[PDB]
Structures are given as C-alpha cells and as structure tokens.
Chemist: 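Below is the structure I would like to discuss, written out as structure tokens.
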Amino acid sequence: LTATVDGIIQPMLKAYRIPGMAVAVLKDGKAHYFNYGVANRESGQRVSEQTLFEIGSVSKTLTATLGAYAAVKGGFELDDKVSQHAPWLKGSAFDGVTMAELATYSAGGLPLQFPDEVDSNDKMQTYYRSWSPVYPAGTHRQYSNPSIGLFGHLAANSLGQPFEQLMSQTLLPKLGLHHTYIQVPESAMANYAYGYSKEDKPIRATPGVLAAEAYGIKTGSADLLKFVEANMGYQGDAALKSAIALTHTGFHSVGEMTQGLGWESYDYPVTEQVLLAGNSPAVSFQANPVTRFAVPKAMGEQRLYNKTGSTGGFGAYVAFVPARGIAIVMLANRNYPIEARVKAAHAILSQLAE
Ligand SMILES: *C(=O)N1C[C@H](NOS(=O)(=O)O)CC[C@H]1C(N)=O
C-alpha cells in the first residue's frame with residue numbers, strides 16, 4: 001500500500017480527541033481497513049469495520065441513488081415539476097421547481113434545516129405549501145436538508161413506496177449493503193457506537209422530519225466502502241448501474257465544484273486548497289449563484305467525488321476517484337472539523353494515486 005494511513009490519521013485523532021475512527025481504503029481492487037480507538041468510551045469497546053457510525057449527510061449519496069433509481073424505473077423524470085409528483089403541492093411554488101433542482105439544492109433558497117416548528121408530516125406539508133422562494137429556480141445553490149429530503153420522499157412515492165421501504169428492501173440489498181440501517185435493529189445494537197459531542201457528552205441521533213433522507217443512515221466502514229465500490233465500475237444490474245451513473249451527472253457548478261445527485265465532484269488532480277474551498281462554509285452555509293448547464297453533463301471517471309456528513313456526535317467523510325480505483329472512507333464518533341477530514345483524506349488519496 002503506497003499510503004501512510006496510520007501516520008496521517010493518528011496525529012489527527014489526538015489533535016481533535018477523536019475517541020474512535022474506522023478508516024477503509026480501496027486500491028487496485030482490494031479493501032484495507034484501519035481501525036482506531038473505541039466505539040464506546042465507558043466500556044472501551046473497540047472500533048472495527050463493523051462498528052455502526054452515524055454517517056450524517058453522507059446519507060444523501062444513498063438518497064440520491066434511490067431517487068435516480070426511481071427515475072430510471074419510470075417513476076419520474078428529472079425535469080418534471082415537483083408538483084407533478086405530489087398532489088398536495090399543486091399550485092405551490094413547486095409548480096415551478098424541477099425534481100433535479102430539488103435534488104441539487106437549487107430550487108431557490110430552501111434552508112439548511114426545517115424551522116424548529118416543523119415536527120410532523122402535516123406541518124411539513126404546510127411548510128412546503130407556504131414556502132416563498134428566495135431566488136428564481138435553478139440559479140442559486142443553498143445546501144438544504146428540506147430540499148433533498150423532499151426529493152427522496154417524492155422519488156420513493158413515485159414507485160408507490162415509502163422512502164424507508166424502497167431504501168431498506170430494494171436499494172440497500174441490491175447494493176449488497178446488509179448491515180446498513182435507517183433505524184438500527186435490536187440484533188445490531190451491540191455494534192452501534194456512541195457519538196461524543198463538541199461539548200463531549202455521549203450522544204446519538206435525534207430523529208427529525210425527513211432525517212432518513214437527509215442525514216439518518218447508520219453503517220460501518222466496510223458497508224460504506226462497498227457502496228463506494230459500486231460507484232467505481234459497477235458490474236451488474238442495468239437499472240442500478242444507470243442510477244449510479246445519474247449520480248455522476250453534473251447539474252451546475254459553484255467555483256471548482258460540480259453538483260451531482262448527492263455526490264459533489266472536482267477535476268482530478270485537485271489541490272488541497274480547492275478541495276478545502278469547495279467544502280467550506282463559503283459554499284455550504286450561504287446561497288451562491290451557480291454556473292448553469294443547459295443540459296446535465298455526464299462528468300466522467302477522472303474526478304474526485306466526495307461527501308461530508310456530521311451529526312451531534314459523529315463526523316464522516318468519503319472521497320474516491322473512479323479512474324484510479326482509489327477511495328477513502330473515514331467514520332468517526334466525534335464531530336470534528338471538516339477541514340481536518342479533507343486534509344487527511346486528500347493526503348491519503350494523493351498517496352493511493354501513486
Ligand atoms: C449533514 O450531515 N448535515 C447537513 C449540514 N452539513 O452539511 S455537510 O454535512 O455537508 O457538512 C448540516 C449538518 C448535518 C446535519 N445532520 O444536518
């Protein structure tokens with residue numbers, strides 16, 4: 001292995017007091033697992049590649065794959081208006097938003113989170129029915145859980161299924177992810193890590209509206225690397241392969257970052273400075289005018305695809321370059337700085353590419 005994983009990861013774990021981390025890398029078709037520290041600080045139970053971590057917003061890549069799958073299966077087309085697939089949105093602003101804009105955070109300024117008062121399905125429908133766009137559709141990117149959350153919800157229901165059903169019964173089994181969960185079952189609680197807050201309490205995920213779609217997957221590094229493997233020359237089912245290809249399609253760009261379904265990608269080679277900038281709050285916190293594509297673009301293999309994710313007590317990152325057959329998954333039970341995740345992953349990936 002050309003990479004020096006221990007030498008890059010261990011100083012970072014110390015610098016941010018990360019209790020445990022599961023790292024998995026792919027190179028030349030083989031998976032390598034590097035496990036550090038503890039899943040549970042009071043028992044001392046060790047992290048393995050089967051430890052379940054909250055992967056937070058990395059869930060959006062699975063949600064995007066599910067939505068692309070529903071589109072390939074005929075439930076909807078990406079250029080359909082959103083209200084074509086939700087009778088309760090007819091006449092609302094979503095008459096003028098496409099499913100693709102919803103999935104790529106460009107509907108027009110949907111916020112990062114639902115307002116605190118939205119705590120039921122009924123209040124969720126009312127929220128979207130009364131939503132006032134900040135920007136014209138397709139012109140501005142504001143990263144948003146309500147946006148891709150609604151995409152995942154409506155995509156699944158376009159096949160007559162709840163999101164959780166289509167994810168748990170179709171997408172995850174077809175991807176080969178048998179230890180990946182929206183809700184961790186009884187048989188697997190022994191493997192579920194605790195997270196540790198920035199204030200340092202043991203904490204686990206708070207359920208919320210459309211949490212499953214936007215940030216609610218629990219999985220280990222082995223299962224998550226298997227999903228990344230499917231994103232690098234998947235040999236198999238035509239519908240699922242077409243779905244994955246749609247997630248590698250670009251719909252707009254902000255600076256050097258191109259927004260796909262779930263995945264965000266960069267030209268490869270990519271500098272650390274560019275990858276840091278694309279994952280900084282200058283991109284993730286504020287609404288930015290996008291570079292527009294007249295038609296969506298199949299982006300290609302010689303690119304760095306990535307996604308960050310966090311919960312109250314967890315911090316995750318995934319990046320891969322399909323043309324190189326290299327990948328890194330980093331799942332931690334501390335929500336530690338995105339810049340540290342990016343710097344470490346860029347260093348390791350640069351070495352794997354040698
Ligand atoms: C994803 O984990 N989340 C969405 C947003 N952070 O975006 S990032 O993950 O791309 O950095 C807010 C925090 C978090 C969440 N659980 O809502």
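For this chain, numbers begin at 1 and follow the sequence in order. The deposited model was determined using X-ray crystallography, 1.5 Å. Counting convention: from 1, in listed order, for ligands and their atoms alike.
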Chemist: Drug name at ligand 1?
Modeler: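 It is the drug avibactam (bound form).
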Chemist: Help me with this one: what macromolecule has the most contacts with avibactam (bound form, ligand 1), named as in the PDB entry?
Modeler: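 Per the PDB entry, the chief partner is Beta-lactamase.
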Chemist: Which chain positions lie within 4.0 Å of avibactam (bound form, ligand 1) by heavy-atom distance?
Modeler: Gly56, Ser57, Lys60, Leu112, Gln113, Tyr143, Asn145, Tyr215, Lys307, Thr308, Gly309, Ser310, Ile338
Chemist: Which residue holds the protein heavy atom closest to atom 15 (C) of avibactam (bound form, ligand 1), what is that atom called, and what is the gap in Å?
Modeler: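 Heavy-atom neighbour on the protein nearest atom 15 (C) of avibactam (bound form, ligand 1): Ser310 O, 3.8 Å.
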Chemist: Suppose we measure from atom 6 (N) of avibactam (bound form, ligand 1) to each protein heavy atom; which comes out shortest, and what is that distance?
Modeler: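 In this structure, atom 6 (N) of avibactam (bound form, ligand 1) has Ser57 OG, 4.0 Å as its nearest protein heavy atom.
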Chemist: Specify the protein heavy atom at minimum distance from atom 8 (S) of avibactam (bound form, ligand 1): its residue, its atom name, and the distance to 0.1 Å.
Modeler: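 In this structure, atom 8 (S) of avibactam (bound form, ligand 1) has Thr308 OG1, 3.3 Å as its nearest protein heavy atom.
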Chemist: How close does the nearest protein non-hydrogen atom get to atom 5 (C) of avibactam (bound form, ligand 1), and which residue and atom is it?
Modeler: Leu112 CD1, 3.6 Å
Chemist: If the entry models a covalent bond for avibactam (bound form, ligand 1), which residue and atom sit at the far end?
Modeler: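 Covalent attachment: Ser57 OG.
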